[PDB]
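Check out this one - L-thyroxine stuck to transthyretin.
The sequence lines fix the lettering, A, B, ..., with proteins before strands; numbering per chain opens at 1. FYI, side chains are in, hydrogens and waters are out, and symmetry mates aren't considered; it's all heavy atoms of this structure. Every number for a ligand or one of its atoms is a count from 1 in the order of the listing.
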Amino acid sequence: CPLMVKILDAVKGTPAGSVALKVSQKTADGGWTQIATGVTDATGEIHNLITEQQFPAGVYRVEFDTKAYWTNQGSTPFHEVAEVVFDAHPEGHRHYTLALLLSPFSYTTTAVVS
Amino acid sequence: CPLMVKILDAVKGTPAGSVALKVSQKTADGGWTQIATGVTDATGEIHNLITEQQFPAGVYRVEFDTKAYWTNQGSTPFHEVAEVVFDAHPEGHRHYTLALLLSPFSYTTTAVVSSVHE
Amino acid sequence: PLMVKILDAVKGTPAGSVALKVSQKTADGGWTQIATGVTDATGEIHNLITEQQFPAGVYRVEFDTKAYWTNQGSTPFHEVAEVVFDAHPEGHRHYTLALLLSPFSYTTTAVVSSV
Amino acid sequence: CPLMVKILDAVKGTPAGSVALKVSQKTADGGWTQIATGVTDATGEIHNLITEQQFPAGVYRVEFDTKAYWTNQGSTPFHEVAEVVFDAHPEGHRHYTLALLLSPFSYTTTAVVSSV
Ligand SMILES: N[C@@H](Cc1cc(I)c(Oc2cc(I)c(O)c(I)c2)c(I)c1)C(=O)O
Ligand SMILES: N[C@@H](Cc1cc(I)c(Oc2cc(I)c(O)c(I)c2)c(I)c1)C(=O)O
């Protein structure tokens, strides 16, 4: 599990369950190719999102459907989506955890790189 | 003003109006002495909270009544109070803005000690 | 109508010289560039766009945070910081995009004035 | 474990190791009584901080020595300490994780309440 997510709901103080996300890798011509999708469980995580094989060095984009999450909770949110874009160097069993803290009009994207 | 606040409500996307706060200074014996109280206006600010003379170097504590704010919003807050404790160094016309981002189960306390970058 | 306030959470000052670009979502799901700019020393950009240039629709503001950290001598996590949102500037509605930066974290908040 | 912490360093992108903290419970007269102290491990956590028996409902204050953490890192911190003060409601096996995100001039205190 070289790419992990942890999404928290800052209003409820619980992980954000059922958040749809997708992972894209930057291609040679500068475009994006989608390599995985998933939805967070009740713990705000997604296990086995991608494998080491799918996660070579490069630039990646994780897009979180935060709007749907808030719309479903009954809140009108600001952001259409939450985008996390970063260069990955996973060569060496390097784990990446994308922590995301959500409020209707704010989010925090932090990274923990082990 | 040597000490300003800017409180934002991350749920509504507006400044947090009518947030009560108190400013205390640490005394020589380790206790706290309250030197100002106030309540944010609709912009999430408090003008003329304290003067330069009331703000010598020392340890200060700014306590925001975020629990009452959330209770009044019909929400369920986690924190009893939001507390910002810092050693103030006002020498050299250094002014402080305490930025505070509020959500019921989270707050962010940031400080801005210069109006410009360097 | 659109304002930004970028703060540096390491230094406790605004983030100056941060490059950004403002794009507007097009019918077919694409983007059109409406403005570019660079924050001044107070971490703001004045007269970024005008009222007529900011009609209802989805906008994307890209902040070149990677360059900012690089110039500051830090190695950052994010390749860029993107803020994407539905804008409804009808009336007096002004938008402030507040951005709090650390090398391995940022917080994007919005302050939206009523009418 | 009814009370856990998770501290991250937003400058380095790692958990914040070796952060000193103290846990106190508010008394009937509005004073404080110390119930635990500890230091985060390399994952930014402290295992077995207190027991369920030591954690009845009431107001608690967790003080984190962030100033020392930043001083040790060679940085210049703003805050003299980071305090998280909250009325704890552990009934029905509810546990608390105090998440803390640290930058020299900013921190975020969030709480995660779970039925574990
Ligand atoms: N048992 C885990 C420990 C762990 C608990 C939490 I909760 C966590 O989550 C956050 C999420 C956000 I979003 C934050 O802003 C912060 I600070 C901490 C992370 I990452 C790690 C482990 O295996 O290490
Ligand atoms: N543009 C204004 C200046 C200004 C606007 C805002 I809004 C602001 O406040 C915050 C509050 C929080 I909480 C944040 O996380 C951030 I980033 C910025 C500050 I300080 C200054 C003017 O000069 O008129």
Original post:
Around L-thyroxine (ligand 1), which other chains have a heavy atom under 4.0 Å away?
Top reply: A, D
Original post:
What other ligands and ions have an atom less than 4.0 Å from L-thyroxine (ligand 1)?
Top reply: none
Subject >> atom 20 (I) of L-thyroxine (ligand 1): nearest protein contact (heavy atom, Å) >> reply: A/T97 CG2, 4.2 Å
Original post:
Looking at A/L101, which atoms of L-thyroxine (ligand 1) are within less than 4.0 Å of one of its heavy atoms?
Top reply: 13 (I)
Original post:
Of all the heavy atoms in A/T110, does at least one lie under 4.0 Å from an atom in L-thyroxine (ligand 1)?
Top reply: no
Subject >> Species of chain D (entry) >> reply: Sparus aurata
Subject >> Taking atom 21 (C) of L-thyroxine (ligand 1) as the reference point, the nearest protein heavy atom with its distance >> reply: D/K6 CE, 3.0 Å
Subject >> Atoms in L-thyroxine (ligand 1) flagged as close to D/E45, the criterion being non-hydrogen separation under 4.0 Å >> reply: 1 (N), 2 (C), 3 (C), 4 (C), 22 (C), 24 (O)
Subject >> Which of the L-thyroxine (ligand 1) atoms, numbered from 1, are nearer than 4.0 Å to a heavy atom of D/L8 >> reply: 16 (C), 17 (I), 18 (C)
**OP:** Mark whether atom 15 (O) of L-thyroxine (ligand 1) lies under 4.0 angstrom from at least one protein heavy atom.
**Re:** no
Subject >> Under 4.0 Å to a heavy atom of A/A99 - the qualifying atoms of L-thyroxine (ligand 1), by number >> reply: 12 (C), 13 (I)
**OP:** Report yes or no: does a heavy atom of D/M4 sit under 4.0 Å from some atom of L-thyroxine (ligand 1)?
**Re:** no
Subject >> Contact with L-thyroxine (ligand 1) for D/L100, non-hydrogen, under 4.0 angstrom >> reply: yes
**OP:** Please list the residues near L-thyroxine (ligand 1), using 4.0 Å as the heavy-atom limit.
**Re:** A/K6, A/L8, A/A99, A/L100, A/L101, D/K6, D/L8, D/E45, D/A99, D/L100, D/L101
